[PDB]
Amino acid sequence: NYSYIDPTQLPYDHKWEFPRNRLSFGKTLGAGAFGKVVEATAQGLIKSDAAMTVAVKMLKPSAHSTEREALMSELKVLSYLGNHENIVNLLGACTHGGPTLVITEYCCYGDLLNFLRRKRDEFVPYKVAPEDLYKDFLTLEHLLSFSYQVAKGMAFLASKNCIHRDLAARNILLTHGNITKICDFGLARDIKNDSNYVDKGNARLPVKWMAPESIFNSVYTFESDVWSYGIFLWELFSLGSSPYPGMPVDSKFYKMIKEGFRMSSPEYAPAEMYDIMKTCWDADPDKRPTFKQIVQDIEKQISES
Ligand SMILES: Cc1ccc(C(=O)Nc2ccc(CN3CCN(C)CC3)c(C(F)(F)F)c2)cc1C#Cc1cnc2cccnn12
Ligand SMILES: [Cl-]
Ligand SMILES: [Cl-]
Ligand SMILES: [Cl-]
Ligand SMILES: [Cl-]
């Protein structure tokens, strides 16, 4: 599950350890068969005795030994990555005296996919009438900023030799100020009943976001994440539509991907952003751009707009 890094050899820094009893669990933010993410308040996180709201990831009583390893391995990965601007920020953890708890920041606006669909109908391509700024309409400027932030976050993950493997709008959190945080819901997502994940072998995988080498050879690299980022761009500029609309993942889908069929540009994608999508979807991973190159490309687009 780890292409390059070895989490078993990666230490869990004990500066992260947080007292279990100082958390007050609240509403459930998301849940899968074995794990869940809950909103919570932590008492002694901030130096002054003032409480702050956090999100906590934990396993359910249904979880087995495989999931207990995965949650601890996830904590080691998050601790190894450290805090970054474009990544959801680990705040602490609880590792003894009970089950593993992973504490991160709370992102007020939820996941990006639901945000795009919530904002889709009032989307504004050009400038917002200056009286209408209180409406906080979704604009093309916001979409470009989202692509830029996620590309920077993925560039940082690549620099840490880390492969995301499930990059999609559903795995992007959104905070105040239209700032995105890459995340991985993992076990806290009900992939069993999520139509975006597809039965393949004995796993359920996000096939429509996956590069061919990941589908057919189970190969995950920096450049297979780049492919997923291209699908994410299509999600973004279609305002939250499902990729390859109307095409179920079946034998014809695999042949069409293999033979070079690619999606058309979504209705709201600038031509230069669609140019990025096509290069991300190159059958040859070596011909695909790097995330660092994508950041440079998008940065020039934002300046010239
Ligand atoms: C409590 C919690 C715990 C953990 C994580 C989490 O995303 N962990 C994570 C695990 C791994 C990876 C990277 N790997 C991917 C796999 N890959 C094979 C290895 C590398 C990353 C990543 F960000 F770097 F991508 C993140 C998020 C939350 C949340 C939350 C939260 C905050 N506000 C809200 C509002 C609504 C809902 N949730 N929510
Ligand atoms: Cl546990
Ligand atoms: Cl990894
Ligand atoms: Cl916002
Ligand atoms: Cl074209």
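All residue numbers given for chain A refer to the PDB entry; the residues shown span 567-695, 756-931 in order. What's counted below: heavy atoms across the whole structure, side chains too, no hydrogens, waters or symmetry copies. Whatever order the structure lists ligands and atoms in, that order sets their numbers, starting from 1.
Looking at ligand 1, the drug there is ponatinib. In this PDB structure, UniProt names the chief binding partner of ponatinib (ligand 1) as Mast/stem cell growth factor receptor Kit. Taking every heavy atom under 4.0 Å from ponatinib (ligand 1), one finds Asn567, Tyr568, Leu595, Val603, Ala621, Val622, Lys623, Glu640, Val643, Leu644, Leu647, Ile653, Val654, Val668, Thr670, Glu671, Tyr672, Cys673, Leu783, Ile789, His790, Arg791, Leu799, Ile808, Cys809, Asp810, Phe811. Ponatinib (ligand 1) has no nitrogen or oxygen under 3.5 angstrom from a nitrogen or oxygen of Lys623. Distance cut-off 4.0 Å; other ligands and ions near ponatinib (ligand 1): ligand 3 (chloride ion).
Residues of chain A that UniProt annotates as binding ATP and that have a non-hydrogen atom under 4.0 Å from ponatinib (ligand 1): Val603, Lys623, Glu671, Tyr672, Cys673. Close approach of ponatinib (ligand 1) to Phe811 (heavy-atom distance below 4.0 Å) involves ligand atoms 37 (C), 38 (N).
Lab note: closest UniProt active-site residue in chain A to ponatinib (ligand 1), heavy-atom distance to 1 Å, was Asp792, 6 Å.
Between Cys673 and ponatinib (ligand 1), an N or O atom pair is found at a separation short of 3.5 Å. Among the UniProt-annotated Mg(2+)-binding residues of chain A, those with a heavy atom closer than 4.0 Å to ponatinib (ligand 1) are the following: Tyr568, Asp810.
For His790, a nitrogen or oxygen atom sits less than 3.5 Å from a nitrogen or oxygen atom of ponatinib (ligand 1), counting backbone and side chain alike. Of the residues of chain A in contact with ponatinib (ligand 1), the majority fall within UniProt domain Protein kinase.
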